[PDB]
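A deposited model with ampicillin (open form).
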Amino acid sequence: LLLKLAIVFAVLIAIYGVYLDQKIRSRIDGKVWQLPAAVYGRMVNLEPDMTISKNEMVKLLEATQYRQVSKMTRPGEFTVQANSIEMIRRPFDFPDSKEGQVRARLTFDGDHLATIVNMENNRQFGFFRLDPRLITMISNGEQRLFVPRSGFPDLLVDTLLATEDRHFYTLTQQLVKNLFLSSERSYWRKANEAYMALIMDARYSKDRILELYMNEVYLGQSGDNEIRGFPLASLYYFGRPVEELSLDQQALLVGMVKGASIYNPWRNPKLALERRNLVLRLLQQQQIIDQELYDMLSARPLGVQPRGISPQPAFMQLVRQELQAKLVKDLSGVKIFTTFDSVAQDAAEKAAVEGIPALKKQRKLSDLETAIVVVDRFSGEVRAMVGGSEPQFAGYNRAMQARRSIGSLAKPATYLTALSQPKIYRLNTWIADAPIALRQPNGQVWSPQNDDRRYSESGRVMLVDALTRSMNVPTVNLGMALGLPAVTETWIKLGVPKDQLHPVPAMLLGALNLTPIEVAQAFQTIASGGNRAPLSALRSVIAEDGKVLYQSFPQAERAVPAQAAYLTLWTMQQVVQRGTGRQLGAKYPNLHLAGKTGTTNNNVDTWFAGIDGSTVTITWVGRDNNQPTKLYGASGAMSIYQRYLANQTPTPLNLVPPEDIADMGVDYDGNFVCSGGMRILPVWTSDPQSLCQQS
Ligand SMILES: *C(=O)[C@@H](NC(=O)[C@H](N)c1ccccc1)[C@@H]1N[C@@H](C(=O)O)C(C)(C)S1
């Protein structure tokens, strides 16, 4: 009868199901989604007898997205007591060794970490890793962070099932519409969805359905990129992974699945709160949660938001730039490990945010800007980078794009050149301080003056005092005698771009326009003791399969002699102690900081190079329109550095003298003496018998 039309239509939709099975299979049995590249900060490893205090550790933990509690229950939490800290270190897929949860007690003895013990067996650790903070993702227009089935708490699955579905066969229906279908309200779509769902549940286990659903679900928007899945939304909304969510935060994310844009907590927080509360009760009907919990959860805010799009634009410019140079875009699930220090960045960002309007008010300024570059003294690894006064939201990066006159910050390269000649130039060497009238080409005289337009009553100064005081006249007399090609060579060795070097007499006093990052490289070279460590933001880039796509190795090259670098830095400590930066030296006398101040003609640029035990901080404070700032090195850029130093626990500079360094006695006349002397200065000699030749 009509079975010639009935059965043929049953075997017509059947072959369509084979095409549908092949479509669902080809996506899952391969690549489900293109997962963006995860960007992680620095990986800190803690060791016994490490120079780190309890308070510094609290700040480090808090900067690593840890929460200070009274009773430790879940990971990413810590408790602080009299002379120790207890913490549950969150699981992390470290490149060296994959680690899980660990209960550790960090014991402190003054300013140092005494011991780190495993609270499971009371065994002392040799080294203890600390997971890196996730900075951002490198963007399809959709952003994800894949977490397998095990990564999700059993409670969160139960929170999702109670609000959504029973699950005994819809949860699998919603999955297929987001994964393969259109946005349409249509009945064809609903039929195509339900038919796909029946094929979906049959060929794949309930664990896989949950794994795919929990990672696909649209839960937010960050401008042009779509925040989807529970793991990324957990970090975007609170700053905690999916494994560390509290029941109230857990319920909000499970609530947004129905309408992420309207149930959003940034815009209309009441509709989001009403929904969260409209989720907590749904769990309450079921025997899973007790009546005791509901009341406290309803009153306590679900958000609790960070609260905020483009994280770390300045530092990210460098990360992207290095990624192209070293290597990538085709690959998915890439983990990029950086050298980013969250503690340093916070200290710097706060200094810029607070300090800039503070200087703008103090000096009645229309506009003022900054640039801060923190690099490791010995590795050149970039710790912090701020490209402005408002660094949370940026497009124009002053640390990398703004090319400005270095001013006096050019002076140590002249004195370093001189001090690389131990038989000729020493700290006690007399340099002439009398009017200069050098004839430049065209027949036009170049007459450089000291800041006060004065000269020494003796017509001379000790090399040490000339750098200490940032005296222009003696600097010119030193560099001209040395030669411009020798000073230009010191700049090449230091690590400044060659194409910026124009060796004219003016180069000695600051006619060298560099960006704060480039200046960092130069000062890093002196601070390390003469070894030039090419600046880097990249530590390692790892693939989804754990393959090492790129690995960072030291490229440190001996640029200047250690003894010459030591003597420049020793004088750079004199700068901060009694010289131009004496305001900083009085504020932090136990830090024995090396530093140099820079002010350009008509107060256009203010600079400060700050060296402590472990970092090199280059800070510039100026205006984009190149107008006078009314600030000096010590008033502008050094003040932002003072703020940066205060916002953290800086390392005291213990300038360990290399070989052939000998503290020698000097008379008023500048002559070496066997015993006594009115001045003690470090000298580069294997045999301090320069005094016998002098006597
Ligand atoms: C370096 O920046 C030097 N600055 C100047 O010579 C400027 N021409 C100048 C600005 C303002 C007043 C006089 C000169 C020297 N170092 C400065 C500093 O350390 O900040 C300086 C003012 C001591 S002079």
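Positions are given from 1, in the same order as the sequence printed here. The deposited model was determined using X-ray crystallography, 2.7 Å. Keep in mind that the numbers below use all heavy atoms, side chains included, and drop hydrogens, waters and symmetry copies. Both ligands and their constituent atoms are indexed starting at 1 by order of listing.
Short version: main partner of ampicillin (open form), named per UniProt, is Penicillin-binding protein 1B. Heavy atoms under 4.0 Å from ampicillin (open form) belong to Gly407, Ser408, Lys411, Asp451, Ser470, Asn472, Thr580, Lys596, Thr597, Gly598, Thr599, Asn601, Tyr632, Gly633.
The structure places a covalent bond from ampicillin (open form) onto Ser408 OG.
Nearest UniProt active-site residue in chain A relative to ampicillin (open form) (non-hydrogen distance, 1 Å): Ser408, 1 Å.
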